[PDB]
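What follows is a deposited structure in which one can find furosemide.
Following the PDB entry, chain A shows residues 4-125, 127-260, kept in their order. Atoms within a ligand are numbered from 1 in the order they appear, just like the ligands themselves. As a basis for the values below, the full set of heavy atoms in this structure was taken, side chains included, without hydrogen atoms, waters or symmetry mates. Method reported for this entry: X-ray crystallography, 1.7 Å.
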Amino acid sequence: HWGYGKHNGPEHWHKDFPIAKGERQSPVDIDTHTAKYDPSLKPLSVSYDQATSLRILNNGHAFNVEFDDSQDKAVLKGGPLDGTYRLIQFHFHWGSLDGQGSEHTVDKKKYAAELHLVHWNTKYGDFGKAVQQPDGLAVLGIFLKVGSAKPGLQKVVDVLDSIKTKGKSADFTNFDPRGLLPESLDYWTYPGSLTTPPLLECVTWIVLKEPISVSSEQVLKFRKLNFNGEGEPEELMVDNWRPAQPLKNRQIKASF
Ligand SMILES: NS(=O)(=O)c1cc(C(=O)O)c(NCc2ccco2)cc1Cl
Ligand SMILES: [Zn+2]
Ligand SMILES: [Zn+2]
């Protein structure tokens, strides 16, 4: 029954998922003065032109926009990655106030939200197999700050009213995730983990430097979602972020 409350929040996860205190947990704070430029990183390739969204789901901790990954449509390659990774879903983490909500931080700065585009390494054949490997996933993370609206986000925020509570889903076809990317693909990268249980240490993190801006009204509608299921007392879905974890031996590399 893990979650983000006082009794089931991130300081409790280790009891059911002892890897929470592992050697390569996420998220982390990105200290921009310790991260080193790595000229050996290859150019990053985000190929989302043929992405096919299917559905949007409130899963009790966030909402997933899910993609048909049965073929090689929307893929992420290059940068630190070896091979091809297929997009399977994206989701966000956000706070109750604009001063918090991201998972990664940048010189301890917290953004209002953070977008995660989750991809799995097609050499392992399916997602389930990929999450048994130290290079099975790649997550593209993008910070959200509040300012001007992101037009590319409005189809997402407008469907949220139809998936208010845990377990609800809605059809969500033809959504183009290219509409959520910033201008620059400059990034930081490090090896890490899922930020939610089961916290598997299977992820190459690629965190973009440039945030996207969304409006106060768009993030306010994120905060109207519910953690609870239908007819249950209302628990607003806010602060669904894990705080920064110990970097341990790892090295954060910059692509710029
Ligand atoms: N927050 S996150 O981007 O680290 C993340 C978050 C989630 C999530 O479900 O919140 C998730 N679900 C799929 C899954 C199940 C086991 C391994 O990956 C995958 C990822 Cl990578
Ligand atoms: Zn959940
Ligand atoms: Zn996430």
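All instances of furosemide together account for ligand 1. Most heavy-atom contacts to furosemide: the chain UniProt names Carbonic anhydrase 2. Contacts with furosemide closer than 4.0 Å are made by heavy atoms of both the backbone and the side chain of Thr199. From the protein, the heavy atom lying nearest to atom 5 (C) of furosemide is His94 CE1, 3.7 Å. Considering backbone and side-chain N/O atoms, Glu106 never comes within less than 3.5 Å of an N/O atom of furosemide. Counting only heavy atoms of the protein, atom 12 (N) of furosemide lies nearest to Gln92 NE2, 3.9 Å. Of the residues of chain A in contact with furosemide, the majority fall within UniProt domain Alpha-carbonic anhydrase. At a 4.0 Å heavy-atom cut-off, furosemide touches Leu198 through backbone and side chain alike. For a threshold of 3.5 Å applied to N or O pairs, the pair formed by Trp209 and furosemide contains no separation below that value.
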